[PDB]
**Student:** 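Hi! Got a PDB file here: zosurabalpin bound to Lipopolysaccharide export system permease protein LptF.
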Amino acid sequence: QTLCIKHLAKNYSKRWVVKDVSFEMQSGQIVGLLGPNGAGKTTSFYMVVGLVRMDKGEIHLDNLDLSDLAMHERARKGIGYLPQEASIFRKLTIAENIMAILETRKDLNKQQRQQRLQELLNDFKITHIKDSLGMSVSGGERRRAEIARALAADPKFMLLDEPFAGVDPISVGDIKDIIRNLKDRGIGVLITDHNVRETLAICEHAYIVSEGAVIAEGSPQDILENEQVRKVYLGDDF
Amino acid sequence: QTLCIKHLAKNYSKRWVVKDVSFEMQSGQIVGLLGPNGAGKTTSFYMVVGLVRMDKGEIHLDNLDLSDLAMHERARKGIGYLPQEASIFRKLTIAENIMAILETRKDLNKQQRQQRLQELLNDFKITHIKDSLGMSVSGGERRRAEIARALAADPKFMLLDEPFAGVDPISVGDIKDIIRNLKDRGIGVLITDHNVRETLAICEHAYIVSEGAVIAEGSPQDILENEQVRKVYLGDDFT
Amino acid sequence: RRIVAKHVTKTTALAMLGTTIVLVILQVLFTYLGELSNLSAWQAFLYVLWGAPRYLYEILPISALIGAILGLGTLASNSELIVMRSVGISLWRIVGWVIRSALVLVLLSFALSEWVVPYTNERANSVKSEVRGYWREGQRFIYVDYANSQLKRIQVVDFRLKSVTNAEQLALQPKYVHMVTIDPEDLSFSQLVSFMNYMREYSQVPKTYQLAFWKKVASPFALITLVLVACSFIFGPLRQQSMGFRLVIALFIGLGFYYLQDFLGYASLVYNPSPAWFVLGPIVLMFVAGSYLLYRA
Amino acid sequence: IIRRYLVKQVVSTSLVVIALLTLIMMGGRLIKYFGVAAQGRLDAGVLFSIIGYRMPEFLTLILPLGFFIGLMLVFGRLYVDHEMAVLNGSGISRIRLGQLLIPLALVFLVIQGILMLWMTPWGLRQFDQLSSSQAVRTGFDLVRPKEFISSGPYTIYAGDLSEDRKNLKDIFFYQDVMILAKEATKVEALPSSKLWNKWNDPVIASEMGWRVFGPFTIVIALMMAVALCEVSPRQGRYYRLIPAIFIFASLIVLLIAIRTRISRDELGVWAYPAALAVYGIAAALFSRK
Ligand SMILES: CN1C(=O)[C@H](CCCCN)NC(=O)[C@H](CCCN)NCc2cccnc2Sc2cccc(-c3ccc(C(=O)O)cc3)c2CNC(=O)[C@@H]1Cc1c[nH]c2ccccc12
Ligand SMILES: CCCCCCCCCCCCO[C@@H]1O[C@H](CO)[C@@H](O[C@H]2O[C@H](CO)[C@@H](O)[C@H](O)[C@H]2O)[C@H](O)[C@H]1O
């Protein structure tokens, strides 16, 4: 599956923050949507999710135009979103968070929903907190429950927003292992992040957007040896 | 000359967030207060500034207790604060942002104040944008106006909160020169930041605050070789 | 889906009921301060306490508005509404879950209006302390000096005159005698429709009873519509705002709606068009405007 | 520069709140007056003159409330968007910022001193003459369509009524003469001069003290808005409004409860500054904790 995105555009206060941002993503592949802060990497990311309405552009997913659909109508097509901020259901237990979205899945029955919930808890090692409220778990443990909850909806493309946000260097490997696990599960991952040192370490194909347009494209090795990216975003030393 | 912090402590919701944090910072020296996120490096920083009540311990500045003084009373003692978030006076001109704090100074007359404002604008290359509002400037230029404004109060120690927050790698070096310039100005700088890799590149003495207590101390080279830090904060391979 | 539905409904229901408890307690305390003017004080606390169901009945439309603002505001500010859309739960489904919470208040509004308010109102009047000079039945004008629910100096005039009959002790019925002094607004729906049907069978129903009838039949629809407006504001203008700002705005919409429904109620008694236009005016427009803010997502 | 920055902000947002409260406090009364006019008990063409004459009465309460709310919104904004951390971090406390607004509060005190002493009585004097002129309406003036209106020895029934209260239809008049036709076409206001020296009487002792010690609620609204304005950036600019409007309103409710207990010669006129001093000292102590 391919999430073709063509000629995105959006203006704010009569100023075009995003001008002709176009990139392509495939299932089972990590793609990093990077760039200078405020240059349109966040806004172009949100127009893929659906939070920000698209002024101009075309977002197809395997000959399925997802341009006119809202946030939820795209999510039913197989697009996932993991907010940077804490988005766990505070008053629902960790097992109820995953079970809340599993009941939304129409591809299962009560018998296999409990089996799917059990293995999702075991996959992310949150079984020991399956009965604790979502508001009373560690930030590292909660984020694993948010990803497990997102995987309960069976997404084809998981768009991660700032995954390495407030993550210590000891636990940056844990996030990379999670993101690598999503790729091995057949889910394409779109990462937008301010921490470009580690986002350029897991992504297979990165898009640098500056001044509202994509200024470079390719593997992280090609991104580093790009004169425009080095001059504008990464700097002479990196 | 020597800001001394001893045995800081603070309990939030019957949980001791900070337990026996003590570090010393001298004037003209850059000190990085680092550590795992949520391990008390942020709370211990705030007790130094004054944005949270120290439940236990003391703060000294060259035989002058500052523990009982509020945030504004320490600022008169030469301690500055630079919030991570946008703290510019939004509807005031950038020249007026620096001037609003220059008029606070008692040892500066109108003529001495206009000069100081002129040279403060020139030092931070914002004299071209000195006629624009605080809320209508670039993110990079706004922070340069907040540091020029902070220097107008003439601080002896500047407590920077997340200076490398939301900063592109191109503009990280720009902040390095600013913090290096503050040290060259005879002003001690205390830095708390999540970006440990770049914070360790300017500080000459770093403190690692884990599980509410200081577990490391010394130059960034000594912090990296510490096996206790690399087990809890930095990880096996960090450079 | 049931676990998500219970979480959204229970969170909003507790916010709608929590605001209801607070708003009634404040209005009982505020009203108690006022009556004290015309003072015994205890005789004045029971009169205000007995009026609580009637203060409760008039708070339900505004407690449901604030309840949905605070109930969904807690969900919105915690980024919980974003992850319901991220899995395929529409905006109109989340609104439908909030409406389920408001449907408890609508049923509570019916119970107070039909069986509770008309009883505690009568008990309140007694604490503070049978129609006299009652004045048309088609072509006949009837005046009775004293009328009892179980007559004195009757006078009936027939119409050109035929007979002016007088007695010392016709379509008048004792059942509706006690409803004559009661204001049309205060009458319960069971009492109002029965009284209007009685007047319409023999005379013309005044426009102050038509307005009272329309202000009651459109009471459940103003509670649901005002909830939908609250939900659309959370997904629209009041998204990412503080909890205090949402509460402040929820108070301005509540007063704006109470003033608009008060003014357009009065305007229906002075202008030719039927009171249905003035009562169902804002309700239809707020539903259309509220449903448009939901279409903008 | 920091004083002019605050005065411009407080004046701008206090005038917005004052105009917002005037639209709400007297918009509700204007609608209620319109409700009386819709039943014929008040001329529809004069209800805008009633609002004109009750401007000083409501603005007597809104001005301390608008100043109090406008003070906390400004001081809340400084806290929310981190302009207070750089003002405290530069040596300027919150108490010092509230002391920069004493010249502004004195202007608002003088303004309300004009309202309380002069325009509130003058507005209530003209309103009392006007309202008493609307209480004499009787007969065909109070008629309502499809209803019987009895006023003394008159009983009037009109089958229809125009949008204006003219051109009646299906008129029935009873005394005994029966006519059927198809068509038919206070110390609160006394000038201060009087209560100026006429003390030693609970009536004036309560009113005149209410006019002299009344304007000083602006000062209390200044040092109590400074005390109750500390709010976190994530909490919001409006977080401490509703909790602290009730703390301010508890002062006014106490002052209305003192005006009455003086009118009944039970408390004495000395309790006006005492009520303000207790709230003044409590606010000063809380701002310095
Ligand atoms: C009975 N009072 C009034 O007539 C005031 C007068 C102010 C508006 C007109 N100028 N107005 C009212 O009461 C009317 C309702 C009465 C029917 N119209 N609206 C609520 C209203 C308007 C203005 C102030 N309070 C109210 S209701 C209220 C609120 C808080 C406390 C109290 C209260 C309760 C009990 C006692 C006691 O037992 O001694 C004392 C006070 C009250 C009750 N109101 C009072 O005691 C005052 C006392 C008062 C006399 N003149 C004044 C001029 C300015 C301010 C207040 C007064
Ligand atoms: C702004 C809220 C923050 C805190 C506020 C603190 C106090 C709030 C003040 C509320 C003012 C009360 O409002 C006052 O209620 C009393 C209730 O007896 C009303 O009183 C009215 O109805 C009663 C009930 O039959 C009659 O007996 C009375 O003659 C009549 O005037 C007043 O018309 C109204 O002005």
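Chain letters run alphabetically, one per sequence line, in listed order. We number chain A the same way the PDB entry does; the residues here are 10-247, in that order. Going by the PDB entry, the residues shown for chain B are 10-248, listed in order. Per the PDB entry, chain C residues shown: 4-42, 47-136, 145-150, 152-166, 169-177, 182-191, 228-355, in order. Chain D uses the PDB entry numbers throughout; the residues present, in order, are 2-176, 185-194, 247-350. Atoms considered below: every heavy atom in the structure, side chains included; atoms not considered: hydrogens, waters and symmetry mates. Atoms within each ligand, like the ligands themselves, are counted from 1 in listed order.
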**Student:** By ligand number or chain letter, where is each copy of zosurabalpin?
**Tutor:** ligand 1
**Student:** Would you pull out the other chains with a heavy atom less than 4.0 Å from zosurabalpin?
**Tutor:** C, D
**Student:** Provide the name used for chain C in the entry.
**Tutor:** LPS export ABC transporter permease LptG
**Student:** Using 4.0 Å as the cut-off, what other ligands and ions neighbour zosurabalpin?
**Tutor:** ligand 2 (dodecyl-beta-D-maltoside)
**Student:** Does the entry name an organism for chain D, and if so, which one?
**Tutor:** Acinetobacter baylyi ADP1
**Student:** Which residues from other chains neighbour zosurabalpin at a non-hydrogen distance under 4.0 Å?
**Tutor:** C:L36, C:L39, C:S40, D:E58, D:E249, D:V314, D:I317, D:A318, D:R320, D:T321
